K.L.:
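Here's a structure for you.
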Amino acid sequence: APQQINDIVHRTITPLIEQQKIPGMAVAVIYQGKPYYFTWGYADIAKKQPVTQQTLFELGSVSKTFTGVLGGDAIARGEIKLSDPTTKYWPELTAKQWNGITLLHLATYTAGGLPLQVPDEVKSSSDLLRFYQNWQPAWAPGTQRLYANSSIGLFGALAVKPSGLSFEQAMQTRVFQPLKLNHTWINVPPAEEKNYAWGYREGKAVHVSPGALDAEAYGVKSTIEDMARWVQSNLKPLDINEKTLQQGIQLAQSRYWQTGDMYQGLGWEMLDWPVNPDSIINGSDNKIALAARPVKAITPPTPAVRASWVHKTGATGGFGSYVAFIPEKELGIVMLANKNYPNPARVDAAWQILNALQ
Ligand SMILES: *C(=O)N1C[C@H](NOS(=O)(=O)O)CC[C@H]1C(=O)NOCCN
Ligand SMILES: [Cl-]
Ligand SMILES: [Zn+2]
Ligand SMILES: [Zn+2]
């Protein structure tokens, strides 16, 4: 890699790892469209297995960027419209509070207070219907953004219904395969488990547990190489030969709502570039990112703006992830770690690196 990249990555990430006690980490810096890879530490501490460019990490909520793009691809196929009512795809959702809640609301956390998590006791399709049938909104739809796995998770499950495919099959056929993300998995196959890093929480090795709508909201695992290719695909959608997927990538970066200086896409979130670094750093703290905030609609949604900072945080019990990129600059970063450490530390490090290379 260019010396300037090696230098800034060492001076930023090695101290981050020292400060946060991260056991293993992989970073890709995309500079002028090309990825440069860096690894540190161990995927499995007790086995002394190093992190490599083939190590699988839990992406956590970064999974929502795949869900948003798959939803965009369905829009581009004419299979769904964001203005469609939820009940078009789930007519058994007969409770009156669902009148007026659209796929857009589900995708963008604006349905009126769907909760952060689907309850752990939801184990069957019957449980899931009961959950949504009994949920009572705190706000009218399209007025407040409250980040929620139960919201975008339902969006992903319903967006694939017209295809007749399961969510996993749709994602594999329509997103992973065309983009050659051949080491990205909703369910890690047995032959690939050797590459699956352990997450570390309070010193103990952990993997994410199964849960309702997990694939849609937080369940994807991937390598640093596939995640760099995911960033390249979102930086340069016109390089994608499949027109519906090219368009789905673009639609996931459209701006549907604004609150403060942030814009909500499908999975992705965006700010105008140049960005105020303190806004992205401070805004990533869970106390802020997860709070209910009023939104203003953008109608029509702003088509993807090249001069944007586009990003997403993610975590599981044992992992912490961050992806950010700037289309106009062909510049991006992926940071995958097997410890969940605070979002602001991730974003600060990412901005120090990308700011140094702009
Ligand atoms: C995503 O990783 N999520 C949802 C929510 N996202 O906040 S973020 O990581 O800062 O963007 C916080 C919790 C977290 C999870 O739900 N992770 O999955 C673990 C099992 N629920
Ligand atoms: Cl140094
Ligand atoms: Zn040093
Ligand atoms: Zn392989």
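The residues of the chain are indexed from 1 along the displayed sequence. In listed order, ligands and their atoms are each counted from 1. This entry, so its header tells us, was determined using X-ray crystallography, 1.5 Å. Only heavy atoms go into these numbers, but all of them, side chains included; no hydrogens, no water, no symmetry mates.
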K.L.:
Which named drug shows up at ligand 1?
P.N.:
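The PDB calls it nacubactam (bound form).
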K.L.:
Give the name from UniProt for the chain that makes the most contacts with nacubactam (bound form, ligand 1).
P.N.:
Beta-lactamase
K.L.:
What makes up the binding site of nacubactam (bound form, ligand 1) if contacts are defined by heavy atoms under 4.0 Å?
P.N.:
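The heavy-atom site around nacubactam (bound form, ligand 1) is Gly60, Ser61, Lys64, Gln117, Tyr147, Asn149, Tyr218, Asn286, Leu290, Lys312, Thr313, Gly314, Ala315, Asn343.
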K.L.:
Counting from 1, what nacubactam (bound form, ligand 1) atoms have a heavy atom of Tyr218 closer than 4.0 Å?
P.N.:
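Result: 17 (N), 18 (O), 20 (C), 21 (N).
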K.L.:
Can you check whether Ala315 has an N/O within less than 3.5 Å of an N/O in nacubactam (bound form, ligand 1)?
P.N.:
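Yes; the residue has a nitrogen or oxygen that sits under 3.5 Å from a nitrogen or oxygen of the ligand.
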K.L.:
Could you say whether the N/O atoms of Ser284 and nacubactam (bound form, ligand 1) ever approach to under 3.5 Å?
P.N.:
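No - when backbone and side-chain N and O of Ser284 are compared with those of nacubactam (bound form, ligand 1), no distance drops under 3.5 Å.
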K.L.:
Would you mind checking whether the entry has nacubactam (bound form, ligand 1) attached by a covalent bond, and to what residue and atom?
P.N.:
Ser61 OG
K.L.:
Does any N or O of nacubactam (bound form, ligand 1) fall below 3.5 Å from an N or O anywhere on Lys64, backbone included?
P.N.:
no
K.L.:
Can you identify the UniProt active-site residue of chain A nearest to nacubactam (bound form, ligand 1) and give the heavy-atom distance to 1 Å?
P.N.:
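By heavy-atom distance, the closest UniProt active-site residue is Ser61, 1 Å.
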K.L.:
Give the numbers and elements of all nacubactam (bound form, ligand 1) atoms closer than 4.0 Å to a heavy atom of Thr313.
P.N.:
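The list of qualifying atoms is 8 (S), 9 (O), 10 (O), 11 (O).
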K.L.:
Which nacubactam (bound form, ligand 1) atoms, with their elements, are less than 4.0 angstrom from a heavy-atom of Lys312?
P.N.:
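Every atom of nacubactam (bound form, ligand 1) under 4.0 Å from some heavy atom of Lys312: 11 (O).
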K.L.:
Of all the atoms in nacubactam (bound form, ligand 1), which lie at a distance below 4.0 Å from a heavy atom belonging to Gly314?
P.N.:
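Per the distance check, 2 (O), 9 (O).
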K.L.:
Using a heavy-atom cut-off of 4.0 Å, which residues UniProt lists as binding beta-lactam in chain A are that close to nacubactam (bound form, ligand 1)?
P.N.:
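Among UniProt's beta-lactam binders, a heavy atom under 4.0 Å is found in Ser61, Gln117, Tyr147, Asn149, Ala315.
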K.L.:
Consider every N or O of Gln117 and every N or O of nacubactam (bound form, ligand 1), then say whether any pair is closer than 3.5 Å.
P.N.:
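So nacubactam (bound form, ligand 1) has an N or O lying under 3.5 Å from an N or O of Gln117.
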